[PDB]
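Quick note on labels: first sequence line is chain A, next is B, and so on, each numbered from 1. Method reported for this entry: electron microscopy, 4.0 Å. Counting convention: from 1, in listed order, for ligands and their atoms alike.
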2 protein chains.
Amino acid sequence: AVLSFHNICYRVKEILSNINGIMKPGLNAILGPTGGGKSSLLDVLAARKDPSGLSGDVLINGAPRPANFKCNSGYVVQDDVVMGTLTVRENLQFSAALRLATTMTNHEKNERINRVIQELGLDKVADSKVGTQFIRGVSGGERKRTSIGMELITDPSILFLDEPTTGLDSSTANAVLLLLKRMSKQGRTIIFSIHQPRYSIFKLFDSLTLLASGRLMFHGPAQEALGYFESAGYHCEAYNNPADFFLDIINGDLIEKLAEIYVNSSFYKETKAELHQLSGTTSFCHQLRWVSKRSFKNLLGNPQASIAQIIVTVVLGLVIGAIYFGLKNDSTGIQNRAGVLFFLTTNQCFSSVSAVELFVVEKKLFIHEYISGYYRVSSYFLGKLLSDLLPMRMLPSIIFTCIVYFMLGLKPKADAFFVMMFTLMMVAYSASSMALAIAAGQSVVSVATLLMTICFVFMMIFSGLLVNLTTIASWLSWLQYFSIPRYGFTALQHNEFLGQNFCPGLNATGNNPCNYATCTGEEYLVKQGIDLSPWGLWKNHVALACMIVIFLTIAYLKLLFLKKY
Amino acid sequence: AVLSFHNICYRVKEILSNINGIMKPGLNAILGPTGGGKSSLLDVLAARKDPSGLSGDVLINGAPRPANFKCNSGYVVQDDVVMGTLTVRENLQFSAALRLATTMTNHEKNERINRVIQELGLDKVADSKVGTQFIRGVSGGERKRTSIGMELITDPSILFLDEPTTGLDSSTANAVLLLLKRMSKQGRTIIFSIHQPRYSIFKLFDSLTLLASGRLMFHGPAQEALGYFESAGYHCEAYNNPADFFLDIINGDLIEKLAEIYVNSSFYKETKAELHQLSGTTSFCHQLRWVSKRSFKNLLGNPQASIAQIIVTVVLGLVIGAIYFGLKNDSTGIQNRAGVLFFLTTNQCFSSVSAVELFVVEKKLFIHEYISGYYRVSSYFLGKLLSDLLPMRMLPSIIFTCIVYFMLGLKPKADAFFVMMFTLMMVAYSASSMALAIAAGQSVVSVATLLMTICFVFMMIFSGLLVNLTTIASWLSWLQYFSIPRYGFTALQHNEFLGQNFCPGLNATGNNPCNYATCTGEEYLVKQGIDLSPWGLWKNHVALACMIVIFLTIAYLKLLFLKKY
Ligand SMILES: Cc1ccc(NC(=O)c2ccc(CN3CCN(C)CC3)cc2)cc1Nc1nccc(-c2cccnc2)n1
Ligand SMILES: CC(C)CCC[C@@H](C)[C@H]1CC[C@H]2[C@@H]3CC=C4C[C@@H](O)CC[C@]4(C)[C@H]3CC[C@]12C
Ligand SMILES: CC(C)CCC[C@@H](C)[C@H]1CC[C@H]2[C@@H]3CC=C4C[C@@H](O)CC[C@]4(C)[C@H]3CC[C@]12C
């Protein structure tokens, strides 16, 4: 194929202006400083910029662009979207399992990818972890071509690369481009935007589209690539870089002085002729099965934050298991259970600040994938929390009630012990479902951690311990239902002080003199304003279920309405 | 003033090796890549590297370095050390007020610095805020020139500049380079290390000392600056950068091939001739008066970290003031009073995370000023907390207990109001001192926060409310004394349960049947196990003062034993 664009303009102040470059198959390039449009019109061609400010017409061999054009062409980006704790043969496995595996069977995807790993120089390191900045692995010179093949699995026709060789250890930074030379001969239109090449590839190109000050510059066809500026007064000369002086008139030795050449130039007079010549979603249930495989294999591969909520949980169980040990039934038994039941509820809230890193640590990965048509939004959101949020906020609840229960000496039944295990694994979801809502769809975390714990302290006040709720008169008992650690703390106190006594040496079973005593259980709950009825126990657990579905929806309601551009 | 160094070696693996350069008065330079040794030998000549790993010698006009060599030579650095929210005239005033003017009075410093601001291009914007990243102001081309004049006040001999043009908006990047030429004509030996110049001032220098791979490289003299590489095979050619092709040898068109030409070059053999020829704390009381004037001015002009700790104090005072309001003396008066006293002492303890930014955010400021001999460490530390710690930890305490005391209805005495205002501003310093102890002398905040709020939860348990302390049996009750909000909570509970009744309609002054009642005040305190005597109240305050003196001391001790190099 062949790309072209005529009379392109754009606004957010008008950013770009009328440019009319052509783009033949081969190996193109975009040049210029960072302030110009070296990173702008790449997002115009690949349907990445917003179609509001776009005015001109961009063509693909005379025909206009299809309605599915962005999901057939690669967009290898600068910041690497390859997953860290994953195998390379597993990483290309994930790309092949979504874009093209609708009809071909499971021994047809593995022969197409072996055609790719036999390219790229990859068969030596084909079964290693790619490594992160935190864990050593495959070096940075070999991960950029690893991300190239992830969008080469489907058969493309344009590879919109996005400045590969920046911060890429220049001794082997050419190894990406000499690789790009040999793959360009098969009929691929490599269109990218390199960042400050010195001299070496200035002959090893096919067509430049240098831009400066975000306005306009040609030199579309370029193998001579320098002859346009040696007749304009401002000459690049002996002992001068050719690729740096061209934009040095804004660097201080006007750009309008070299802009005005193109009314009477040597390349504009032929390109307007051709540009005026030609002027006239699959298998939903397969998705969240395979999306579930990455986030689970990511957790096993990185055992530094996974065990970090297991050790600090079972250590904290033993400290509460050692401070409290054999709590008695004396006069200091009401206060001794009011604390240890308050600590288990509040720790299940405040240790759920670490769910902000479930969506915001890889927000750059998500927007690139959904715009490339891998999976639907609801398949990501129903699959992500089903794989990481559930089995990391459930097992650190049942270990944290199995250790503590037979060390304190609570009510030693069988059904009343499976409720305390149930309420902690329900309040920890309804605490984490709050953190998922005010985080998803952002870029930083230091405005969604100072905001969340400043709202988790206003929930800690109305909790039936520091207030004694049935004393605020009218206009501040309607904030009482908005606090998550209430409903866990009430249901934990309901099955705890039923049928117990705290006045040993006397008896008040049915003969109760001497008021202002609080020595039996069932009068203590009356004073704290909670119902003495078996419906009143399960009233909280149907409230947290409605607190989860409300909060989890407005996460998924805001993952749809985000700027996917 | 003339520098000379012969056969320098340096080990942390030896990074550096034998270098043989001579530095003439004029305007020198240091070139090369960032991974090499351009940023390494600047800290060797300017006495910033430690003299341990150094084996070679440096000479100032044949004499070695005196014991006071770093206290006459400025070290203008690449990241700015100018105070952001301060005016330029007072900023250069502070630089003059410490180094030289102990004998002259206050009408000689402005006589010298008016000559300085008449240079430098300062006479337009001499009286504004210089600004920072977060708050705007004077542009970057004027902020870097302010640091130059800041260490130009005392009459120097060498200005060891430290890569000025890093990220410095190239159209006026030559302006500071043009400014350095004119001041150098009067006996200023400028030694700096530029970062990738294009072509222009490469000829407008006096003596390069280009280096690469941290090993060695020559061209000491520089007036032709290119005549060496046209005789070495790897010739810099027409239409090629001369500034890069000298160091493009690290990219591979071998660096060591050029080093073998250095045993037979035209500059190795005559430089060894001369180097083998020539080889054969003031007014301490005045200091902390003036140091406190800066940081107090840094609170006035920056109303984003000062009034932010007043609004969240007074919007919290009403929320506490409205939840509890007119607390009674009936049977739910104990729990309703122990809550709000627990929430006041812990809120002063978790409001200590906002004081670890008091030393950490300006460590790069403190290291540069102490090695240049501005002030002693005991003047900086004792001058810091007098200005930024005292009037910002006390004023959000007495506004927090005045607005709530009559709002709740506590004991309406006169002296019992001056204990609650006193104890909260006594627990606040001891809380802020502990956050000063495990932060002072570090680089990142996110280690001294997840280590400190993991310790201020081990103090929130042993706090007289969630434990009922006389049940921890033997071997964890020795951990009872290591917790800061215990001492603030007991002394607040001591003067608030003394002399009241929580048993309306009955009376237990000397007639108390019906045990487990807690109808009087003094039965509640003995049930918690605190001393019911005027010694036990003031026992906590003398314990808190011993906590302050211990923690403030190790803040001062770990400031001394720091790697100031
Ligand atoms: C078990 C508990 C009970 C109460 C509290 N918090 C408070 O008692 C409290 C009091 C006042 C404020 C208000 N603060 C005022 C100033 N502004 C700026 C911020 C909020 C906040 C919290 C924390 C905890 N525990 C807790 N909190 C956070 C984290 C952890 C934790 C535990 C284990 C592993 N990792 C983290 N544990
Ligand atoms: C703004 C959003 C996030 C918070 C929504 C709070 C609401 C939805 C929560 C707080 C209190 C909860 C209610 C408390 C009482 C009951 C019991 C029963 O009669 C129906 C459910 C119902 C009515 C709960 C439904 C969910 C509930 C109404
Ligand atoms: C490193 C620090 C925090 C712990 C060291 C202990 C210091 C800080 C604290 C902990 C317990 C405190 C002691 C507890 C008991 C008393 C009461 C009286 O007899 C004199 C003060 C004295 C003796 C306190 C002095 C300060 C003290 C010793």
*Asks:* Quick check: main partner chain of ligand 1 by heavy-atom contacts, named as in UniProt?
*Replies:* Broad substrate specificity ATP-binding cassette transporter ABCG2
*Asks:* Drug at ligand 1 - which one is it?
*Replies:* imatinib
*Asks:* In this structure, which other chains have a heavy atom at a distance under 4.0 Å from imatinib?
*Replies:* A, B
*Asks:* Per the PDB, what organism is listed as the origin of chain A?
*Replies:* Homo sapiens
*Asks:* Which transmembrane segments of chain A are near imatinib, taking near to mean a heavy atom under 4.0 Å and numbering the segments from the N terminus as in UniProt?
*Replies:* 2, 5
*Asks:* To which UniProt domain do the majority of residues of chain A contacting imatinib belong?
*Replies:* ABC transmembrane type-2
